[PDB]
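Drug zanamivir bound to macromolecule Neuraminidase.
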Number of protein chains: 4
Amino acid sequence: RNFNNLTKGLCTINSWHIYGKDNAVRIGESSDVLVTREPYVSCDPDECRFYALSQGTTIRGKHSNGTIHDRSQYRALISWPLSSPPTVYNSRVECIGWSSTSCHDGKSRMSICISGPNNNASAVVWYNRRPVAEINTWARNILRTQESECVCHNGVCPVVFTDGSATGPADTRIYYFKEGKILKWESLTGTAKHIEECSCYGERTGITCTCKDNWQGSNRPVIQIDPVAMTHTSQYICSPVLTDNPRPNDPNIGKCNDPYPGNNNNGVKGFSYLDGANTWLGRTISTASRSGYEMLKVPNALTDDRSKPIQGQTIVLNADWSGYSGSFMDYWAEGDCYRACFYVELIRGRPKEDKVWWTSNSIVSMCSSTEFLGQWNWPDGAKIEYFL
Amino acid sequence: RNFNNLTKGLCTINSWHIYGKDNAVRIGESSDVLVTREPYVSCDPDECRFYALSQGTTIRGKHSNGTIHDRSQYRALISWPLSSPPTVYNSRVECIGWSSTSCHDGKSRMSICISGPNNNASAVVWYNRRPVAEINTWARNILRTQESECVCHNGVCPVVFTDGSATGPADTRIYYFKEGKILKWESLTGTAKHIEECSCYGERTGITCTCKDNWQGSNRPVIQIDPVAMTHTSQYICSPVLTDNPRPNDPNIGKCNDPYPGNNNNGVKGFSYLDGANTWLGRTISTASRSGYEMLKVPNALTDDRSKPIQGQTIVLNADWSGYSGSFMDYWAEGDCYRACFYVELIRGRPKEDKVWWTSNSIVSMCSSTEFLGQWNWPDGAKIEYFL
Amino acid sequence: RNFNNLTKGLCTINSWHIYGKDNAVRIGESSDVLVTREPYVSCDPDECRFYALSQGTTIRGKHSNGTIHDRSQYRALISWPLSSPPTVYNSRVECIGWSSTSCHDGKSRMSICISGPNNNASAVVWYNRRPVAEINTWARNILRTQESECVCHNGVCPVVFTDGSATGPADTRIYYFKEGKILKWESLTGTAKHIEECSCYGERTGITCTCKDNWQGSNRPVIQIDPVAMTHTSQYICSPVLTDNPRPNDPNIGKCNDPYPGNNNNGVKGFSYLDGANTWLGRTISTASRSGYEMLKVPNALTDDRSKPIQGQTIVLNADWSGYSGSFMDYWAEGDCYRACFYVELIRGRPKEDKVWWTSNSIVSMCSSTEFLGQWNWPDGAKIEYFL
Amino acid sequence: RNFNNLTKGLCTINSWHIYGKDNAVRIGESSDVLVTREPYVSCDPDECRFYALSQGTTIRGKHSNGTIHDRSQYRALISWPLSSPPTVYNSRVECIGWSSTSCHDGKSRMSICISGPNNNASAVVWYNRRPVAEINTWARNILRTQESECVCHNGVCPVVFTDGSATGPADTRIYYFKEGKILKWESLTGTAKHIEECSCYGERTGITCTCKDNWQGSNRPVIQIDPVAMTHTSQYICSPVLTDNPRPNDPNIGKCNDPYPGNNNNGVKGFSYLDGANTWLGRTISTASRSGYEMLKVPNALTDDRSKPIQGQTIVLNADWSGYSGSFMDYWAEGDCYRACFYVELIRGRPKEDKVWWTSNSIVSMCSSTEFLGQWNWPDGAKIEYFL
Ligand SMILES: *[C@@H]1O[C@H](CO)[C@@H](O[C@@H]2O[C@H](CO)[C@@H](O[C@@H]3O[C@H](CO[C@H]4O[C@H](CO[C@H]5O[C@H](CO)[C@@H](O)[C@H](O)[C@@H]5O)[C@@H](O)[C@H](O[C@H]5O[C@H](CO)[C@@H](O)[C@H](O)[C@@H]5O)[C@@H]4O)[C@@H](O)[C@H](O[C@H]4O[C@H](CO)[C@@H](O)[C@H](O)[C@@H]4O[C@H]4O[C@H](CO)[C@@H](O)[C@H](O)[C@@H]4O[C@H]4O[C@H](CO)[C@@H](O)[C@H](O)[C@@H]4O)[C@@H]3O)[C@H](O)[C@H]2NC(C)=O)[C@H](O)[C@H]1NC(C)=O
Ligand SMILES: *[C@@H]1O[C@H](CO)[C@@H](O[C@@H]2O[C@H](CO)[C@@H](O[C@@H]3O[C@H](CO[C@H]4O[C@H](CO[C@H]5O[C@H](CO)[C@@H](O)[C@H](O)[C@@H]5O)[C@@H](O)[C@H](O[C@H]5O[C@H](CO)[C@@H](O)[C@H](O)[C@@H]5O)[C@@H]4O)[C@@H](O)[C@H](O[C@H]4O[C@H](CO)[C@@H](O)[C@H](O)[C@@H]4O[C@H]4O[C@H](CO)[C@@H](O)[C@H](O)[C@@H]4O[C@H]4O[C@H](CO)[C@@H](O)[C@H](O)[C@@H]4O)[C@@H]3O)[C@H](O)[C@H]2NC(C)=O)[C@H](O)[C@H]1NC(C)=O
Ligand SMILES: *[C@@H]1O[C@H](CO)[C@@H](O[C@@H]2O[C@H](CO)[C@@H](O[C@@H]3O[C@H](CO[C@H]4O[C@H](CO[C@H]5O[C@H](CO)[C@@H](O)[C@H](O)[C@@H]5O)[C@@H](O)[C@H](O[C@H]5O[C@H](CO)[C@@H](O)[C@H](O)[C@@H]5O)[C@@H]4O)[C@@H](O)[C@H](O[C@H]4O[C@H](CO)[C@@H](O)[C@H](O)[C@@H]4O[C@H]4O[C@H](CO)[C@@H](O)[C@H](O)[C@@H]4O[C@H]4O[C@H](CO)[C@@H](O)[C@H](O)[C@@H]4O)[C@@H]3O)[C@H](O)[C@H]2NC(C)=O)[C@H](O)[C@H]1NC(C)=O
Ligand SMILES: *[C@@H]1O[C@H](CO)[C@@H](O[C@@H]2O[C@H](CO)[C@@H](O[C@@H]3O[C@H](CO[C@H]4O[C@H](CO[C@H]5O[C@H](CO)[C@@H](O)[C@H](O)[C@@H]5O)[C@@H](O)[C@H](O[C@H]5O[C@H](CO)[C@@H](O)[C@H](O)[C@@H]5O)[C@@H]4O)[C@@H](O)[C@H](O[C@H]4O[C@H](CO)[C@@H](O)[C@H](O)[C@@H]4O[C@H]4O[C@H](CO)[C@@H](O)[C@H](O)[C@@H]4O[C@H]4O[C@H](CO)[C@@H](O)[C@H](O)[C@@H]4O)[C@@H]3O)[C@H](O)[C@H]2NC(C)=O)[C@H](O)[C@H]1NC(C)=O
Ligand SMILES: CC(=O)N[C@H]1[C@H]([C@H](O)[C@H](O)CO)OC(C(=O)O)=C[C@@H]1NC(=N)N
Ligand SMILES: CC(=O)N[C@H]1[C@H]([C@H](O)[C@H](O)CO)OC(C(=O)O)=C[C@@H]1NC(=N)N
Ligand SMILES: CC(=O)N[C@H]1[C@H]([C@H](O)[C@H](O)CO)OC(C(=O)O)=C[C@@H]1NC(=N)N
Ligand SMILES: [Ca+2]
Ligand SMILES: [Ca+2]
Ligand SMILES: [Ca+2]
Ligand SMILES: [Ca+2]
């Protein structure tokens with residue numbers, strides 16, 4: 001086997017087709033399905049799999065009570081076959097913790113899990129299913145990472161971490177791993193003022209990450225990483241099509257180098273594909289809550305502070321709950337281009353649906369098509385009343 | 001690995017032997033068995049598997065309520081080991097949607113799933129477990145396909161699709177795929193007046209598909225495909241032994257080039273093996289409903305408008321519910337001929353058994369023998385009262 | 001891979017050690033464990049597995065009601081990993097039917113299942129997981145076979161079948177298969193007067209089968225098969241240590257060429273290892289019912305009509321229910337001799353325990369040791385009251 | 001494949017990072033999780049797995065009643081994927097019995113299980129999943145072994161056994177196996193006065209086992225084995241940091257060649273890594289009961305009868321139940337040193353929590369880091385009240 005190199009550009013995105021859906025909450029009403037949150041998708045050279053942070057209990061289990069909680073000792077990164085639900089009997093534990101990332105370099109997979117109390121957390125870096133390196137908290141305030149896949153080029157896999165405040169300046173670092181070992185790390189540079197939960201993808205231009213500014217911004221910060229030089233830049237998506245949640249209404253001028261104001265101390269993990277005229281942004285439909293999901297074609301969104309949509313696709317109706325979203329691609333597929341993909345976490349239960357005492361989710365996932373395909377909408381599909 | 005070529009003729013069919021049976025509804029009374037419908041069987045070079053459209057819930061799950069419904073966002077094509085039931089923990093998701101086909105070309109498997117609303121559905125073509133090509137609705141009226149396996153020759157795998165009315169003229173296309181890519185498509189030609197849910201098999205003569213005319217015909221339309229020239233013809237089975245359901249009683253003269261009249265706007269997926277004196281037709285025993293199943297040896301049924309049975313075998317008693325049926329063969333078996341096989345979907349629940357709120361099925365499957373074997377009958381075997 | 005040849009003798013049997021136990025009924029009180037009966041064990045070159053006839057329902061399932069029944073359409077030969085229980089999710093279906101045998105020839109496995117009504121049953125012979133040959137009933141009276149593993153030599157795998165009365169002269173045939181194809185069959189010859197449910201093993205001397213005379217005999221008939229010449233002989237175990245059940249008390253003179261009288265029209269499947277001074281016989285402890293199990297070292301039991309035990313080992317206490325027993329060996333193990341093994345079916349439920357409405361079993365299995373090991377006893381271990 | 005050789009030293013231990021955790025009791029509240037106890041971890045060259053003695057019932061099953069019991073016929077050594085729980089459907093049975101050890105030699109795995117009544121127990125030695133050798137009880141008083149992994153060097157795998165009194169002098173033997181065959185055994189020599197449940201690890205210096213003195217000692221006996229010469233020595237950990245449970249308070253002078261007095265006829269399985277200045281000892285926090293767990297860096301603990309801690313790490317709070325602990329390492333990992341690892345059994349249920357009628361456990365496991373990582377604590381996490 002050889003390390004994968006990012007040699008292709010993105011395929012032209014003319015619409016999005018259904019890729020995967022697990023219906024986990026529906027099935028888990030009467031099956032041993034693990035409670036999860038913070039899911040994602042990631043491919044090996046021979047298989048693509050769903051990933052998430054388990055809560056170490058099934059949904060029907062009495063221990064599902066209290067699973068709105070983010071960081072217990074009972075959480076772990078698990079993976080399971082594409083579009084199956086995460087069950088006790090089919091889920092493979094990648095590592096133990098409450099914040100994660102994972103990616104295949106073409107030879108083996110690296111998985112990283114962070115665990116610990118708020119003031120003493122640590123990352124353990126796994127490679128080829130063995131622990132290889134460890135990183136202690138540097139700011140003693142909830143060391144945390146992407147919650148979606150990382151990306152590798154010639155064996156080098158950059159990962160974005162943040163340690164420090166969620167409501168003020170924090171200490172973000174970009175680490176560069178190879179075979180699980182730390183080659184290098186660097187402090188965040190550029191104009192992004194706060195970074196969490198980066199969603200990344202790679203193509204010949206390098207690695208592009210769309211993150212969340214939890215502190216002041218409702219536009220999304222972007223980190224662009226050169227995995228050969230092992231350097232990066234940062235800014236915000238310039239477009240006035242704002243993509244965090246909650247967020248203000250879309251203005252006519254966005255902000256390239258500072259947070260667009262209106263909403264503070266909150267946000268949701270999200271993503272974009274930034275590719276000139278082939279640029280597509282994901283966002284919740286609601287400006288107030290994690291409901292609905294849509295894709296919008298916004299030419300040169302990264303650099304054009306006046307850019308507006310010229311095409312779109314609804315993925316989840318505003319009437320239905322969404323959640324985290326992130327990017328991944330099958331780097332090992334046939335063809336001359338990388339097909340952009342994404343997932344949307346469909347959160348069920350607390351805090352929005354409090355008649356149950358649990359919080360979980362299911363997954364829907366799409367990839368791009370060069371056809372202009374008809375659109376459907378893709379709800380979680382479970383009926384909360386059944387769980388009462 | 002090499003692409004499979006259709007180099008053999010059918011084995012002589014002198015009776016049918018039991019091949020597989022999953023007892024899914026019996027087992028699912030107390031196990032995490034997924035609700036399904038529209039099942040089939042399909043072989044890889046090293047394994048044969050059961051396939052069906054899941055409803056994204058188990059039978060005992062409260063979400064089984066309402067599963068008479070055909071086209072939700074919670075459906076997916078799944079496969080699972082031969083004669084096991086389709087469980088949450090053993091079912092592999094092939095693609096997402098509510099109409100499907102799948103076949104192995106000798107190197108890898110192609111699976112196709114259609115999803116979307118009635119006026120905006122699309123097919124996604126998967127090859128070697130990756131999405132490769134997409135096809136948008138062309139008539140904006142429930143794009144739909146075979147619901148049983150396709151067949152390949154030297155890498156070319158033809159598939160029959162229909163888009164348009166179920167009760168009048170529609171737009172049927174035959175697509176020719178290789179490695180998931182579209183080589184060619186053509187509009188239906190010939191004398192078949194309406195085409196749905198083709199059941200196909202291949203042999204040195206080419207690929208033969210027996211379909212359903214939902215509009216006016218109670219004889220079955222046939223499409224004969226040359227996978228090298230990538231062309232086809234169509235007509236009806238000439239025999240007065242009528243094989244759709246519901247249907248009129250058998251006359252003494254059938255119809256080769258037009259629907260045999262009596263029953264409109266309904267039908268059931270079915271199959272036949274058309275092979276001169278070695279011809280066998282499948283049909284429900286009842287002329288009114290999906291109950292019973294029998295095989296009848298009807299020499300030259302395809303071409304002889306006076307042909308009658310000279311031998312038969314009961315598969316399911318008229319007292320027991322049947323459903324969809326279709327053809328498949330193990331193209332990778334040893335020997336000098338292809339052994340004809342088929343499955344019968346045994347539907348339980350709604351609309352016929354409405355004391356439960358779900359609709360599901362189990363599978364029974366037979367293959368041909370050159371012996372004249374004794375016959376049994378093969379009911380689903382579940383007791384509805386247990387589910388109350 | 002090469003066909004296995006029977007080149008070794010039996011290891012010296014000085015005691016029996018625990019080999020496997022699945023505790024199926026205990027576990028099935030609260031797990032999706034299939035109802036079974038007629039179990040056995042059989043090895044591949046890389047794995048040994050448990051086998052049994054499923055009843056197509058779990059024990060806790062309402063369809064377990066009535067499973068005392070022997071021959072429904074819902075039965076199948078299944079296999080599952082050594083010492084695990086037969087669950088819905090881990091059981092592999094080998095073929096469909098209500099009487100079976102199976103064996104690996106060193107290259108692939110042959111499995112045979114019989115299905116059908118009493119007057120029209122048929123065997124389907126599977127090889128490398130595909131149906132290859134079929135055999136119709138020849139006496140129209142419950143065609144039936146070994147219910148434990150067959151044995152192969154240089155690709156030839158003999159199997160004993162019986163068709164006809166259980167209470168009078170019947171038509172027994174020995175079939176010789178290779179790669180699933182019928183090389184030859186012959187009618188039973190020799191002095192055995194009735195043959196059912198042969199338990200076989202192989203060693204350089206040939207293949208030895210210990211069967212059951214259901215009609216008149218409480219001594220066991222023996223069939224000795226030469227798999228090269230494809231011929232056989234038959235007689236009874238000469239020893240007055242009688243090993244059927246029910247049976248009379250042990251006399252001082254046995255019978256070599258006729259049934260030992262006292263009990264008619266009943267019996268249980270059993271086994272022996274007939275090897276001169278290294279001869280060991282299995283039997284129930286009770287003479288009246290299927291309870292208890294013991295091994296007895298009876299020198300030259302096959303040929304000596306005065307032979308008595310000189311050593312023994314209790315396997316299951318008389319206070320505990322037993323059932324069918326049979327022979328198997330790991331033909332692919334290291335060493336200079338074949339280690340004799342056996343299983344005992346531990347039947348729970350009806351008819352002996354009628355407070356439940358089901359009949360099932362678990363498995364215990366032992367192999368021989370050249371040590372003189374201490375003995376334990378091995379009950380099923382389930383408490384019937386828990387199922388009420 | 002080649003036999004593994006112990007060619008590396010221990011990595012420098014500066015802290016411990018989370019390695020695995022299965023949350024078995026939490027998950028088993030509503031899933032088919034087997035009741036276990038006496039767990040451990042052991043690696044193959046391509047995978048690391050959890051191991052334990054099943055009780056042949058699930059936790060929610062009614063047969064969980066009475067599982068405080070140590071030695072029934074329903075116990076077996078099982079293994080399952082790292083950090084998954086031991087379920088009916090994912091657990092692989094290694095052998096049958098109520099005391100075990102297991103280890104991979106680089107080519108295949110040896111597993112040993114002891115079964116039988118107290119006065120007639122026997123060990124069966126399995127190699128590459130086949131029984132190879134058997135050992136009868138030599139003292140007729142509960143033949144018993146390590147309850148954690150053994151260690152191999154160039155194909156030779158030493159194992160420590162004890163037969164005889166738990167409250168007085170007993171007969172301990174060290175066996176040396178290769179490919180499951182007995183090369184040699186020897187009686188215990190040295191100054192250890194009672195030996196049970198050795199926890200072993202290997203490094204270039206040889207194989208080091210830390211055991212339990214059940215009779216008089218609250219310091220732990222140590223056996224040091226040369227797997228080439230096949231000889232051993234024994235003594236106690238000299239340190240006054242006492243590590244058995246229950247135990248007296250730590251004095252200022254320990255004992256090298258005799259039991260440190262204060263607590264008789266009890267103890268718990270435990271471990272240490274004895275490596276000069278890189279020495280770390282594990283122990284329960286409580287001196288009275290199996291609660292809490294901590295690691296303490298105690299330079300030259302083995303040889304220095306005045307040695308005290310200079311660093312530590314809490315693993316389980318004193319408020320939480322612990323249990324058995326033992327050593328293992330991934331001998332097949334990359335790098336220039338072997339990374340020390342350990343597991344802690346977290347016992348739930350009886351005798352400490354008697355509102356339930358069962359006894360089971362979950363597992364937490366850590367490995368060493370050369371970083372000085374922040375510490376968390378790792379409770380079982382189940383709420384007993386949920387099981388009522
Ligand atoms: C079968 O399936 C197919 C395929 O899915 C379906 O076809 C799809 O239909 C959907 C729904 O209509 C389309 O999505 C929308 O796309 C429009 C963009 O396209 C329009 O505008 C284009 C740009 O026009 C401008 O520039 C051009 C030059 O570049 C200039 O020519 C023009 O004059 C103008 O200046 C047009 O080019 C385009 O026309 C083309 O396409 C037409 C088909 O759509 C075709 O008929 C034409 O002939 C031509 O070919 C077209 O006019 C997006 O604007 C829109 O997204 C907005 O609206 C949705 C609600 O629907 C909202 O959720 C979005 O967030 C967004 O609106 C918010 O943001 C805006 C930007 O800031 C803001 O201005 C809005 O006020 C609004 O803001 C408010 O809400 C948000 C969200 O809550 C909040 O954050 C804000 O604060 C604020 O409160 C949709 O994405 C697909 O493109 C279309 N696909 C295709 C291939 O056709 C088909 O319908 C299905 N068939 C059936 C029968 O069902
Ligand atoms: C152990 O197992 C074995 C193996 O399974 C069992 O043996 C099997 O037994 C079954 C049941 O009897 C047989 O199935 C039937 O086969 C007949 C066809 O065979 C008969 O007819 C042949 C043709 O005769 C004609 O042509 C020849 C020349 O070609 C000429 O010589 C003759 O005079 C006549 O002109 C005969 O050749 C054949 O004889 C041969 O075989 C005999 C054994 O069967 C043997 O004894 C002879 O010596 C000779 O060797 C034989 O006479 C099918 O016709 C029949 O199917 C019809 O009937 C069933 C109900 O039973 C029905 O469900 C079918 O749909 C069908 O009838 C409907 O359709 C007809 C065609 O349109 C129509 O005419 C009918 O009126 C009827 O239509 C009505 O119902 C349908 C359905 O609801 C509806 O749609 C219509 O609208 C309308 O309402 C069976 O398939 C097996 O062939 C046979 N197998 C073997 C190898 O023997 C054995 O019984 C078991 N043993 C025990 C103890 O149980
Ligand atoms: C730890 O574990 C170890 C290992 O398991 C335990 O040791 C084992 O202990 C068991 C139980 O005692 C033994 O099983 C029994 O073996 C005897 C056979 O051995 C005895 O007889 C031998 C033959 O003697 C005759 O011939 C020799 C010459 O060949 C001659 O010298 C002698 O005078 C006589 O003529 C002796 O050689 C042998 O002695 C040797 O071994 C001794 C140890 O056992 C040792 O101490 C001596 O020094 C010497 O080395 C010994 O005396 C079997 O006969 C017996 O089986 C019968 O009894 C059981 C009930 O216990 C019954 O279930 C069996 O079916 C059978 O009896 C039925 O069938 C008979 C034959 O027809 C019939 O005659 C009986 O009347 C009876 O029939 C009735 O019941 C049946 C069944 O329901 C029914 O069908 C009939 O119709 C009728 O109603 C046992 O198998 C093991 O051999 C022994 N193993 C070893 C290695 O030692 C140890 O006990 C454990 N330790 C502890 C502390 O628990
Ligand atoms: C984020 O995470 C990090 C990493 O985990 C956290 O940092 C960790 O903090 C923990 C908790 O404090 C530390 O564990 C303790 O370690 C001490 C040992 O270190 C101390 O002592 C060292 C030795 O000093 C002696 O020798 C040196 C020369 O060698 C000499 O200089 C000195 O004067 C003295 O003579 C010191 O070197 C060391 O200082 C160094 O480290 C400091 C940081 O810790 C640093 O600040 C200094 O600058 C310097 O660098 C330090 O002083 C262990 O002694 C202790 O274990 C005892 O106490 C715990 C309870 O806390 C108890 O459970 C243990 O069993 C043990 O005490 C029992 O046994 C003793 C031995 O017999 C006995 O004497 C005690 O009385 C007691 O016995 C009683 O209880 C037991 C148990 O029930 C019973 O059996 C007996 O019978 C009896 O009843 C802890 O292990 C970590 O080392 C530390 N790690 C690191 C890398 O810093 C950090 O806190 C977290 N941050 C936050 C914000 O939460
Ligand atoms: C695409 C679709 O919904 N196909 C239907 C099909 C269809 O309604 C009729 O053929 C008429 O066109 O009939 C029914 C049926 O059992 O009659 C099953 C199919 N259900 C599914 N494939 N999901
Ligand atoms: C084919 C068949 O039904 N075989 C029977 C067998 C049979 O009734 C007797 O041997 C008499 O002929 O006995 C019973 C039995 O436990 O006595 C089990 C077998 N059940 C099954 N194999 N399913
Ligand atoms: C063979 C056996 O029963 N070993 C016991 C062990 C033993 O009783 C003591 O060490 C005294 O000798 O203690 C207990 C224990 O938790 O204290 C667990 C072990 N249970 C099992 N291994 N099943
Ligand atoms: Ca924000
Ligand atoms: Ca019709
Ligand atoms: Ca008899
Ligand atoms: Ca002690």
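Order of the sequence lines sets the chain letters (A, B, ...), proteins ahead of strands, with each chain counted from 1. Scope of the values below: all heavy atoms of this structure, side chains included, with no hydrogens, waters or symmetry mates. Start at 1 and go down the list; that is how both ligands and their atoms are numbered.
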Place of zanamivir in the structure: ligands 5, 6 and 7
Other chains with a heavy atom under 4.0 Å from zanamivir (ligand 7): D
Site residues for zanamivir (ligand 7), heavy atoms < 4.0 Å: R37(D), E38(D), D70(D), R71(D), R75(D), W98(D), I142(D), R144(D), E147(D), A166(D), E196(D), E197(D), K212(D), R290(D), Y324(D)
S99(D) N/O under 3.5 Å from zanamivir (ligand 7) N/O: no
For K212(D), atoms of zanamivir (ligand 7) separated by under 4.0 Å from a heavy atom: 9 (C), 10 (O)
Polar contact flag for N214(D) and zanamivir (ligand 7) (N/O pairs, less than 3.5 Å): no
Per-atom contacts, zanamivir (ligand 7) versus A166(D) - under 4.0 Å to a heavy atom: 11 (C), 12 (O)
Closest protein heavy atom (residue, atom, distance) for atom 12 (O) of zanamivir (ligand 7): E196(D) OE2, 2.6 Å
Chain D organism per PDB: Influenza A virus
